[PDB]
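Next up: a structure with methotrexate.
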Amino acid sequence: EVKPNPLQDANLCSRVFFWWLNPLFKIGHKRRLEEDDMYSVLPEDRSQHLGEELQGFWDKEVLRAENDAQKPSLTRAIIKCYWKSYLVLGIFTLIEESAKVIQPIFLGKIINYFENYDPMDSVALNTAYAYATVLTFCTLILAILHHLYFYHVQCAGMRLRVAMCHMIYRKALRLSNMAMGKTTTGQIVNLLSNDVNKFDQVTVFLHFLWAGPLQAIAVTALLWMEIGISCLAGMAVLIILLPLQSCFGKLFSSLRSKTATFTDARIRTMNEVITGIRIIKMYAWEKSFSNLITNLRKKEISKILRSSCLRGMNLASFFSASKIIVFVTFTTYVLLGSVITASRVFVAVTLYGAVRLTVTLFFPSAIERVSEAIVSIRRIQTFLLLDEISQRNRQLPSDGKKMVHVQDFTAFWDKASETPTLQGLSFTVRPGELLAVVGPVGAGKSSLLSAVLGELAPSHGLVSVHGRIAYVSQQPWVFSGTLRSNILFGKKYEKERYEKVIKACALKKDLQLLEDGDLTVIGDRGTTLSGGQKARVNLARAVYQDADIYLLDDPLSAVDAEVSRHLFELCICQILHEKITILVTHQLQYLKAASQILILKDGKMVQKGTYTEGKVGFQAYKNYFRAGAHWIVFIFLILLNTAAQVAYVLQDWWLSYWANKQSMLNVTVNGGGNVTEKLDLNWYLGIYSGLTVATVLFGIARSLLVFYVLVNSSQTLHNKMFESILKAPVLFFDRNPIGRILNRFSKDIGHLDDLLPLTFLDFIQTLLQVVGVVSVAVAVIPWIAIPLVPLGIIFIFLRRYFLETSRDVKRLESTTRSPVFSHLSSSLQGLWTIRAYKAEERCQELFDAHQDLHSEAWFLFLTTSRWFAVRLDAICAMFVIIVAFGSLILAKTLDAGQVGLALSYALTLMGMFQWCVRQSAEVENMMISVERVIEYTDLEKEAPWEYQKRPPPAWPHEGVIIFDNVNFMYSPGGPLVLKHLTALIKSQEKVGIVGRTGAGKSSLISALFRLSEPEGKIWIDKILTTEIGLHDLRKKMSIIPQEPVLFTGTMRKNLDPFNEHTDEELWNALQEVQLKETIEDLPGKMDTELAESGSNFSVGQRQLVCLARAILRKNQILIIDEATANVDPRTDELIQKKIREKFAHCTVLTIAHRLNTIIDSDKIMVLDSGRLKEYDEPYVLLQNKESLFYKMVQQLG
Ligand SMILES: C[C@@H]1CC[C@@]2(OC1)O[C@H]1C[C@H]3[C@@H]4CC=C5C[C@@H](OCCC(CO)CO)CC[C@]5(C)[C@H]4CC[C@]3(C)[C@H]1[C@@H]2C
Ligand SMILES: C[C@@H]1CC[C@@]2(OC1)O[C@H]1C[C@H]3[C@@H]4CC=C5C[C@@H](OCCC(CO)CO)CC[C@]5(C)[C@H]4CC[C@]3(C)[C@H]1[C@@H]2C
Ligand SMILES: C[C@@H]1CC[C@@]2(OC1)O[C@H]1C[C@H]3[C@@H]4CC=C5C[C@@H](OCCC(CO)CO)CC[C@]5(C)[C@H]4CC[C@]3(C)[C@H]1[C@@H]2C
Ligand SMILES: C[C@@H]1CC[C@@]2(OC1)O[C@H]1C[C@H]3[C@@H]4CC=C5C[C@@H](OCCC(CO)CO)CC[C@]5(C)[C@H]4CC[C@]3(C)[C@H]1[C@@H]2C
Ligand SMILES: C[C@@H]1CC[C@@]2(OC1)O[C@H]1C[C@H]3[C@@H]4CC=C5C[C@@H](OCCC(CO)CO)CC[C@]5(C)[C@H]4CC[C@]3(C)[C@H]1[C@@H]2C
Ligand SMILES: C[C@@H]1CC[C@@]2(OC1)O[C@H]1C[C@H]3[C@@H]4CC=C5C[C@@H](OCCC(CO)CO)CC[C@]5(C)[C@H]4CC[C@]3(C)[C@H]1[C@@H]2C
Ligand SMILES: C[C@@H]1CC[C@@]2(OC1)O[C@H]1C[C@H]3[C@@H]4CC=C5C[C@@H](OCCC(CO)CO)CC[C@]5(C)[C@H]4CC[C@]3(C)[C@H]1[C@@H]2C
Ligand SMILES: C[C@@H]1CC[C@@]2(OC1)O[C@H]1C[C@H]3[C@@H]4CC=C5C[C@@H](OCCC(CO)CO)CC[C@]5(C)[C@H]4CC[C@]3(C)[C@H]1[C@@H]2C
Ligand SMILES: C[C@@H]1CC[C@@]2(OC1)O[C@H]1C[C@H]3[C@@H]4CC=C5C[C@@H](OCCC(CO)CO)CC[C@]5(C)[C@H]4CC[C@]3(C)[C@H]1[C@@H]2C
Ligand SMILES: C[C@@H]1CC[C@@]2(OC1)O[C@H]1C[C@H]3[C@@H]4CC=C5C[C@@H](OCCC(CO)CO)CC[C@]5(C)[C@H]4CC[C@]3(C)[C@H]1[C@@H]2C
Ligand SMILES: C[C@@H]1CC[C@@]2(OC1)O[C@H]1C[C@H]3[C@@H]4CC=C5C[C@@H](OCCC(CO)CO)CC[C@]5(C)[C@H]4CC[C@]3(C)[C@H]1[C@@H]2C
Ligand SMILES: C[C@@H]1CC[C@@]2(OC1)O[C@H]1C[C@H]3[C@@H]4CC=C5C[C@@H](OCCC(CO)CO)CC[C@]5(C)[C@H]4CC[C@]3(C)[C@H]1[C@@H]2C
Ligand SMILES: C[C@@H]1CC[C@@]2(OC1)O[C@H]1C[C@H]3[C@@H]4CC=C5C[C@@H](OCCC(CO)CO)CC[C@]5(C)[C@H]4CC[C@]3(C)[C@H]1[C@@H]2C
Ligand SMILES: C[C@@H]1CC[C@@]2(OC1)O[C@H]1C[C@H]3[C@@H]4CC=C5C[C@@H](OCCC(CO)CO)CC[C@]5(C)[C@H]4CC[C@]3(C)[C@H]1[C@@H]2C
Ligand SMILES: CN(Cc1cnc2nc(N)nc(N)c2n1)c1ccc(C(=O)N[C@@H](CCC(=O)O)C(=O)O)cc1
Ligand SMILES: Nc1ncnc2c1ncn2[C@@H]1O[C@H](COP(=O)(O)OP(=O)(O)NP(=O)(O)O)[C@@H](O)[C@H]1O
Ligand SMILES: CCCCCCCCCCCCCCCC(=O)O
Ligand SMILES: [Mg+2]
């Protein structure tokens, strides 16, 4: 196979340290990874194996439920399948919990040694060394073993996901027709896409369901044994932290919902602006959409700011939660009359930190993921119990005959429907005869196709279909694979028959067309073909695959007569000599190749007659931030962050200093306790309370400020983007697909509004916490700086060596995930022919291969992530060992408080470091959206809407426009389309100027509607067109598009978005233009909210309302962008009467392919190669004596 998984031959040490992954990274560092550089899935992880095992378990569960007469449970089957393999990992989770719980005990033993320091006690030093050895043993167990266990847990989750997908596909291939109608293909694709990924997550935290509450209990016990009932107080706060935060989360969700609605609305308008941007710029309607989007964005940014404030409050609350817990518990401790010591204080601090992280991060996450997985299992289960075809029976004996007969069959697509689709049909088919049903679609040719017991199971009829069915559908379908596979469809390669189809079936054209040849791989979803090829290849599969019964829904209609005649002589008469030839047709040639004709209506068979009857630079970050706020604000922000972290560390430093001062104090004030230098509770307690209050306040302020500045940056960037895009040239929209721009406006902006601020704030917070831990350790033991310089350096290199590969693997997993869904989708389009060919196992194997490839991707992703995690935690464990033992080596220059503080922070460095590195990677990956946003933010814009000119009103005094040696450039650096066009429009005249091409007539538009870029001297109103701004130029030009599109919003906004017409004006304007009978009946009257792009208005009414807007607009000219021809005839007679008296107020120029629309026009601009050779009236031109007019009259018609 491919390079076999080294995990098979990997020994225990290599598997724990992921040593076997080393070669891959090497190649991952040498070049770019592909699918060939991949590792095959393990034999026990193959999709077929897991699918079969879960099939057995689920079938057993179904049988048990049926025996005991209750609804079967999928959760029961999943548990009964994976519980043995999961409880062992729960064993390891017990071990991990025990190590995490008992590490602070040995921390307290070392600190107690420091508390009772005696330089002459060697035995105490040896005991402390042994305690440090046990502590580092525990942290290595925690470091390299939680990661091996985590990889196994994630592998279990991936196994569950793969088995579930195999289950779903196996069910889908056996789904029913009416069930297919009940459930859409989108629902099933969604099941494979987002509803099954939850199983990849729940398994991560499932064991915590019993690990969290238990560990918590244990911690409480230990805490009691240290400080008694006071510990409970701290625990109480932790408990309070569980509901309240969850409660706020609920509120969070609510706010999110509201924002969603606004976003959708905005996005809708976004689509409506980008798809019809040409029209928006054509009509000079930019102000209306601009203000509408401004209002929508303002509301959205208000709701997003509220949600961001809530999330920032949550982050600040968790950041300061440890201090609140410690402050409460130790204030209770001191106020009860006790005296604090470094050992007990820092044991309590470490235990509280561990238990708080567990209880407040893993347990609620475990509950949330379990609930999501439960609802997903419920949905997937109700799909697996979705009614399947009432059991599709293996076909009845194909005993050499072709005896089929239908006698008063009343069974349809939906049995409950009383309206007959097919019945009356009562005939008998004999072996070898050729039949061919021909006639109108009717209501049952599909039933004759499905007469293979597809969807017409006989309620009263009885059809003995014998033989092998070759079904061809209305829409031919081509599956994912190689052209050999689609032609072959499981059949063995037969060269001569393949040649036979290439000659008789005339596929040599396709051989020529394919870019690779006879080895050409069918593209994804089989696109490397055309409709003729898919229909022909369906018939080709049937005839090559030498089936017996051939059901063809008009495949010879699509193909040409040559191939059709070839298959009658060669195939239908000779090769398909003893095959069923059900062929619907409408030409006269397959009508005359047939022997029997079937014509159908609702049910009753009328007759049976015969014939004669990579990274983002500092510029990106700088522009994002300076887009956020003034650099003074950023100086204030970094000062606030530093103050917050300083207060966070100093709250514990105050406890440590109390301990250090307390150590000197124990020496004189405790042992020599007669003087009773009682600690001034007011003084000491006040500084402690002030420090913790300052920590809380500074954390809250920093979180709020970061969120506010980032959200403000997002809002300014979005506003700038809309303003910039609104001024984008039509060239940008022509070059860039609509989907690309819509995606840039939707996904990146959603990122910048939701994910980027939160991730950036979390990364900054965690990085500051890590820096605080490192600085505490360095401050306590300065020599710790010496080994820290190499370690960090190594980390940097390591990071690169991972990322350079990691991104690639991630990219690979993205490109390997969409094929699976497409194959499922492919199965859904052609399920009929899949069941027709009895090819369920082949499609199952193809889906299994697609899933196995994606399983390779997912396995690589999990394993590489664990490799990096193992090395990072090894670095952190090395740091903890270094701190604890360098503390032990000297000890002379250190006291209990400093050692306790430093060790507790080293004991917390691990999780924080993991969070910070992964979050930094996430931020760096997500900043590509910011890069794209800045790219759109600075695209080239056109001339300003108003320049300086500003003509006096009543401007279109003359309406005279001329062109004077213009050399047209359609696109900069493109072809030449107009060279010295010299038209003449008189003053104060109901006369117009029109060109023809989307760029020649747009040249006219550049002169007035402003959409192309003519070079030549242009005289509008005896003033050059150039000096007039965009809108001040766009204002006096009325126009009708090829497709008079309609925009979502009120009816009032569509008729007049600028509100320049008084109400009785719209009333009498629509009655004069006769739309009033249509609009009076509209429920919204004038302010009717239109449907999706004006669905209710007819196309005749859409052109009518655009001409009507122009009429209220009261311009003197109007351009019909080749629209006098694509006019509905009531409108044609109408528009003739219009330019006689109704558009009398607007000038129409009729350029068209409908000659009747142009004979009436006063002037015709004849153009060859896009050039005006002759310019005079049509009447001289229309007769025979004329050059080009006579050519269009002759040849063009
Ligand atoms: C995960 C597990 C949790 C429980 C547990 O294991 C790991 O935690 C360990 C702590 C250990 C003690 C630590 C300190 C010393 C001092 C040392 O001093 C020798 C002095 C001599 C020089 O050799 C003369 O100077 C003798 C041994 C002793 C008492 C350990 C005994 C075993 C203990 C109890 C272990 C216990 C089974
Ligand atoms: C509700 C939450 C879940 C359960 C739990 O947390 C809170 O509820 C707490 C009750 C605590 C015990 C109450 C009283 C004492 C007596 C004391 O002094 C006398 C000693 C002498 C008595 O016979 C000889 O042992 C020693 C400690 C002990 C046993 C407590 C231990 C911790 C315990 C089990 C805590 C436990 C983890
Ligand atoms: C959900 C709940 C939130 C918080 C809470 O429980 C859980 O946290 C507990 C802490 C308790 C105090 C701890 C110790 C004592 C002992 C005794 O005073 C010493 C007497 C004598 C002994 O030798 C001289 O030392 C009297 C009672 C007192 C003050 C407790 C009162 C109730 C308190 C405040 C509890 C409070 C309701
Ligand atoms: C965990 C949650 C956060 C809020 C809270 O619990 C829930 O946190 C607890 C702190 C408790 C106080 C701690 C200490 C004392 C001193 C004692 O005085 C006799 C001392 C004696 C020897 O020192 C003679 O001097 C009387 C009781 C009192 C005031 C407690 C009252 C209840 C308080 C306020 C609790 C409060 C409701
Ligand atoms: C602290 C004590 C020790 C531990 C423990 O007890 C208390 O903590 C509890 C957490 C409980 C689960 C939390 C959430 C759910 C989801 C729900 O599914 C959605 C259904 C809904 C969707 O809309 C309605 O349809 C099903 C129940 C389940 C899995 C709980 C199971 C029992 C559990 C494991 C309990 C466990 C024994
Ligand atoms: C990012 C920033 C880099 C620099 C910096 O912050 C973070 O690093 C901090 C460390 C601080 C010192 C720590 C300990 C002491 C000892 C004591 O000196 C004798 C006192 C004696 C005679 O007065 C008493 O009897 C007090 C002062 C001193 C030197 C601190 C000074 C400020 C310093 C330099 C801070 C400085 C602004
Ligand atoms: C981004 C953040 C900006 C600020 C910050 O981090 C990064 O900068 C660090 C400065 C550190 C203190 C410097 C000096 C000491 C003295 C030491 O004792 C000396 C005794 C001596 C006798 O020989 C040596 O042995 C005890 C600790 C303490 C107070 C430090 C605590 C942590 C502090 C506050 C850190 C603080 C959080
Ligand atoms: C921008 C940042 C704002 C905060 C901050 O930096 C800059 O401001 C600094 C002030 C520092 C303290 C100055 C003096 C002392 C006294 C010393 O006690 C000697 C006892 C005895 C020995 O002989 C005397 O004779 C212990 C250390 C301590 C408390 C410093 C702690 C760290 C502090 C709080 C620093 C803190 C990180
Ligand atoms: C940002 C935060 C604000 C500032 C702050 O944290 C950071 O900085 C810390 C430094 C601490 C002081 C260090 C050393 C001394 C020793 C001794 O000095 C007696 C001198 C007096 C009598 O002889 C002369 O008249 C008494 C205690 C004192 C002043 C500490 C008190 C608490 C202080 C001010 C802490 C305070 C909360
Ligand atoms: C940052 C925010 C501002 C408010 C605040 O946090 C949040 O700031 C904290 C500082 C605390 C005070 C510090 C020092 C003392 C002196 C002591 O006695 C002195 C006697 C003698 C010297 O020995 C005088 O010369 C009495 C208590 C008192 C006033 C504290 C009270 C509580 C206070 C006000 C805290 C308060 C909650
Ligand atoms: C972070 C939170 C906000 C700020 C704050 O709380 C915590 O940080 C503390 C800094 C403290 C002062 C620093 C240095 C000393 C000198 C020393 O000795 C000289 C005084 C002498 C007479 O001149 C007699 O001691 C002790 C007193 C004093 C002035 C502190 C007072 C309390 C203050 C103002 C606290 C303040 C409210
Ligand atoms: C984000 C950054 C992480 C790293 C870092 O900043 C923040 O963390 C700070 C901790 C600082 C030390 C704290 C305490 C002291 C004691 C003092 O005692 C002199 C007494 C006498 C004998 O020399 C004077 O004559 C000497 C200096 C020293 C060791 C600091 C050095 C600078 C350090 C390492 C800082 C370092 C750049
Ligand atoms: C790149 C890294 C930056 C940090 C660091 O490494 C390199 O820079 C080093 C400088 C060292 C100090 C130098 C001088 C002295 C004087 C001495 O007083 C007795 C003097 C007597 C006997 O030496 C003369 O003969 C006490 C110790 C002290 C303060 C050192 C402490 C450790 C320090 C801070 C080291 C620290 C780990
Ligand atoms: C804690 C763990 C320690 C080991 C380890 O993980 C962490 O550290 C990682 C760093 C990786 C190396 C980075 C760069 C090079 C480049 C090139 O050699 C240049 C040679 C030239 C440079 O100066 C002269 O020597 C070839 C590859 C090599 C050596 C990488 C190999 C794999 C290494 C050793 C990884 C290894 C698994
Ligand atoms: C300490 N910390 C910081 C942090 C940041 N934001 C938070 N936000 C909230 N709401 N709650 C928290 N507890 C929290 N914690 C952590 C710790 C662990 C993980 C964690 O769940 N998992 C692994 C990786 C697993 C994963 O989440 O994908 C890690 O990187 O530490 C996340 C954040
Ligand atoms: N999915 C379906 N659900 C219900 N009824 C259906 C379905 N598909 C087809 N029908 C029935 O069949 C009718 C369509 O005519 P059909 O028998 O498919 O003609 P045809 O095969 O399209 N003929 P031609 O186009 O000339 O090859 C429908 O109007 C229904 O009566
Ligand atoms: C304490 C953890 C810090 C993590 C922050 C990331 C620091 C990365 C510094 C190097 C950036 C990348 C250098 C070029 C290589 C690349 O293309 O990624
Ligand atoms: Mg049909």
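For the single chain, residues carry numbers from 1 onward in sequence order. Just so you know, ligand 1 is whichever comes first in the structure, and atom 1 is the first atom listed for that ligand.
The full list of places where methotrexate can be found here is ligand 15. Of the chains near methotrexate, the one making the most contacts is recorded in the PDB entry as ATP-binding cassette sub-family C member 4. The binding-site residues for methotrexate (non-hydrogen atoms, 4.0 Å) are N314, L315, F318, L361, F362, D762, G911, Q914, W915, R918.
The deposit names the source of chain A as Homo sapiens. The UniProt-annotated transmembrane segments of chain A (first at the N terminus) that reach under 4.0 Å from methotrexate with a heavy atom are 6, 10, 13.
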